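Below is CaaX farnesyltransferase beta subunit Ram1 with tipifarnib bound.
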Amino acid sequence: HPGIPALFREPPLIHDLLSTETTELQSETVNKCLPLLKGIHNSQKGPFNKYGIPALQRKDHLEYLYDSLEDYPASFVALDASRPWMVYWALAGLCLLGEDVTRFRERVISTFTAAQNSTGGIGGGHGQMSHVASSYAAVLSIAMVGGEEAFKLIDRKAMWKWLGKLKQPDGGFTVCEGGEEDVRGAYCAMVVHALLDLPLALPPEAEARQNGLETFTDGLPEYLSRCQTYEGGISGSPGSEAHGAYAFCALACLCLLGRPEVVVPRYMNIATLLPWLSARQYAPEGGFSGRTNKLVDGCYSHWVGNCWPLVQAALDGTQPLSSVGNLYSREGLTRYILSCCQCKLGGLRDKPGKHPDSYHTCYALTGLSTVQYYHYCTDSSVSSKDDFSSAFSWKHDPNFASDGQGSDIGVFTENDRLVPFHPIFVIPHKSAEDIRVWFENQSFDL
Amino acid sequence: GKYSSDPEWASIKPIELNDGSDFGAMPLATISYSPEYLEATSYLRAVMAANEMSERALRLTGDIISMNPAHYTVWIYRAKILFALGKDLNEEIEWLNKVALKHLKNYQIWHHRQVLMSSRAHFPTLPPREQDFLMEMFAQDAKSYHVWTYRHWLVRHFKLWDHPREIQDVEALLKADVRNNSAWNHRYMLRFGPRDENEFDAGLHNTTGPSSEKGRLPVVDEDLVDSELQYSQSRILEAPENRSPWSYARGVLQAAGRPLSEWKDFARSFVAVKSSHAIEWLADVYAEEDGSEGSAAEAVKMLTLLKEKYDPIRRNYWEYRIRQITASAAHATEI
Ligand SMILES: Cn1cncc1[C@@](N)(c1ccc(Cl)cc1)c1ccc2c(c1)c(-c1cccc(Cl)c1)cc(=O)n2C
Ligand SMILES: CC(C)=CCC/C(C)=C/CC/C(C)=C/COP(=O)(O)OP(=O)(O)O
Ligand SMILES: [K+]
Ligand SMILES: [Zn+2]
């Protein structure tokens, strides 16, 4: 197809003589991707657009996502502690593809009622201790289905008390009592905190108060700053290796603390963060890797991809009711997702040679959606308060499908257009707005 | 059932699964558990509800772990029992090693290891074969994020920054694969990571200062800096397109408060281009550290080579840099 640039049809120009495991894996990945990028693999379905890219197989992915909400055989026992995640990934994927998930309200309520602990928070299921990731997943799922009845399911005060137990003296959060402390924990905790409009102050008997801390955000951006590495990226805990997944968690968390152009440059060195984030993207694959010298992966279309609207807002500043534009290749990412990450029977995958799963389906679609919109923060918030005010001022305009060549073009078709997602909350803007506004108008339980 | 017929377990009644498959609508994403897993977890709910700290409960956690090592709750409960009963943690570590070897990609096992190992009463000093076991893991997956994370904690906990096996193991891994960025990251921590025990852990020095100065060392060992830079050049010469040693070198220079122009001639030797990292290095030298006329134009030339030939997927970033340099040069011409 003449609409496919040489950049996506050939290996890189520079090649070292030395062969190691790293280059062996990288070479194999490029070789698997090439026939798909070229659109000549027999597993691919059309129609192919003027850029030589297959359509998003909406019907196939819809069927996959609906099936993923039903029953699994005993072999899936490894997912037992992650059942709330499975609900979220499917609902998110369905929302992205334009489905009304209102009809799942009752089933969502039934699922999470059993998983909520009386001492507060939500765990992986009945008898499992509360965990920030399962609470995050449950809250976002509840946000998507909406309704007063789903909102009322959560014990707000208990959630607040439990989350208070996770606050650590160094400013971060553990994922559960006795569990690991990483920036994933901080991000999940603060999203739950923001969407439910929990009190900013720590519970009066929180252990962290013995360490001089008074609020959930005390010491937090400092903790996140200590997770930046010499590479410019952000690691899971201080001293660990920079990784796209933790870069998203850290940046999203910072943007929950204030305006991106204030908080991000203050706590992160953007001069090192920017090139490291840029370096996540490979050619000819087009997709993002998670860390230096490892492989592209469709889920980083979200983790790395959604770092970009946050960083770009930090550079542009708040828009009142001039931009640096997109600093990555939207064409490349779109080619990787649509040409390489679609499974013929439905669902999306990490990379060619991998089976699809609902996690990779959710995040590849989330990344595809982000390239289709201009996401920016404004001076107009749907929040009636000032805490997380900037986080609820995010708005969106469509970035329409392009014609011809260019450095920043939309190579998806308009038939491929997905619903926009909030870059921090990873749900539709209206869903995040509705849940936050509802809780803001509820008095805190006694 | 196993537990339901064991006299060891007669004294306690299991708590049956409540998934909401009786009340209201049908739950989502259900799993048809094996009868063995159903029974074990029903007894686990019972012992956890009673806060039971016993040998039988300990065995139970081991059984459930053998069926599902990604059960986060059971690991935490297991740790509680081990400390409450004053169990031999050396034996627990030997058991944990076997679980780790069976489940390479499981990270819960490694938080558990940290919890146990952090106990000074049981592990006052670095166990004599702990570093060897880490190398047994790295021999199977040299970039395992969770094992590297554990090793960082281990170094800080036992103060192993200058321990010869830490640097030796890093160099063994870099010999096997010079592109192992996890090994380079650990090397930075050993050589330039903050060590002050009265401070919170950080990946970089000077996080209390301006973010642009993040990484700056309070006191600089100049001979160590020279040695690390020389090491970086030697590895680069083995494979110039390898990003890791170039990034490490930028980190060392930032920490030492030295300019990128210290490597100007080294970078030029790869330019007929044998390394795009050498091109990006020169771009920064000409743009940020060279105040002479024509230097701005040369930086733009370098960035143009990158956007058109040597790293074109990052065109929008290169162009952003070009715009920054153009504006800066215009401001310079203005004044
Ligand atoms: C590192 N990674 C990159 N892509 C997918 C993976 C992961 N190794 C992983 C591991 C831990 C975590 Cl917190 C996030 C991702 C992965 C790999 C396959 C996965 C799962 C996760 C998970 C999963 C499980 C629980 C938490 C999360 Cl965020 C993801 C689900 C699933 O069905 N499969 C096939
Ligand atoms: C909210 C949410 C839970 C945030 C976290 C999501 C993210 C994917 C977590 C994992 C990051 C890291 C440990 C990956 C390493 O595994 P790997 O070596 O298999 O992958 P890699 O080669 O791409 O680095
Ligand atoms: K998780
Ligand atoms: Zn992935």
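Protein chains get the first letters and strands the later ones, always in sequence-line order, with residue 1 at the start of each. Heads up, header says this was done by X-ray crystallography, 1.9 Å. Start at 1 and go down the list; that is how both ligands and their atoms are numbered. What's counted below: heavy atoms across the whole structure, side chains too, no hydrogens, waters or symmetry copies.
The location of tipifarnib, copies and all, is ligand 1. Other chains with a heavy-atom distance under 4.0 Å to tipifarnib are given as A.
Residues in other chains coming within 4.0 Å of tipifarnib by heavy atoms are A/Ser82, A/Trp85, A/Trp89, A/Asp297, A/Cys299, A/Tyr300, A/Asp357, A/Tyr359, A/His360.
Near A/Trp85, with a cut-off below 4.0 Å to any heavy atom, the atoms of tipifarnib are 26 (C). The source field of the entry for chain A reads Aspergillus fumigatus. Within tipifarnib, the atoms closer than 4.0 Å to a non-hydrogen atom of A/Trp89 are 23 (C), 24 (C), 27 (C), 28 (Cl), 29 (C), 30 (C), numbered from 1 in the order shown. In this structure, atom 26 (C) of tipifarnib has protein heavy atoms in its sub-4.0 angstrom surroundings. Proximity to A/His360 (heavy-atom distance under 4.0 Å) selects the following atoms of tipifarnib: 4 (N), 5 (C). With a cut-off of 4.0 Å, the other ligands and ions near tipifarnib are: ligand 2 (farnesyl diphosphate), ligand 3 (potassium ion), ligand 4 (zinc ion).
Contact atoms of tipifarnib toward A/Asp297: 3 (C), 4 (N) (distance under 4.0 Å to a heavy atom of the residue). Under the 4.0 Å distance rule, the nearest protein heavy atom to atom 19 (C) of tipifarnib falls outside the cut-off. Protein heavy atoms come within 4.0 Å of atom 29 (C) of tipifarnib. Taking only nitrogen or oxygen atoms, main chain and side chain alike, B/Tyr107 does not reach within less than 3.5 Å of tipifarnib. According to the deposit, the name of chain B is CaaX farnesyltransferase alpha subunit Ram2. Distance remark: protein heavy atom not present below 4.0 angstrom from atom 12 (C) of tipifarnib.
Near A/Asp357, meaning under 4.0 Å from any of its heavy atoms, are these atoms of tipifarnib: 34 (C).
Counting only heavy atoms, the protein never gets under 4.0 Å from atom 9 (C) of tipifarnib.
Per-atom contact check: atom 23 (C) of tipifarnib touches the protein, criterion being a heavy-atom distance below 4.0 Å. The nearest protein heavy atom to atom 3 (C) of tipifarnib is closer than 4.0 Å. Of the protein's heavy atoms, A/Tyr359 OH, 4.4 Å lies nearest to atom 14 (C) of tipifarnib.
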Under a 3.5 Å threshold, I'd like every N/O contact between tipifarnib and protein atoms, with atom names and distance.
from, atom 1, to, atom 2, distance (Å)
tipifarnib, 4 (N), A/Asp297, OD2, 3.2
tipifarnib, 4 (N), A/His360, NE2, 3.4

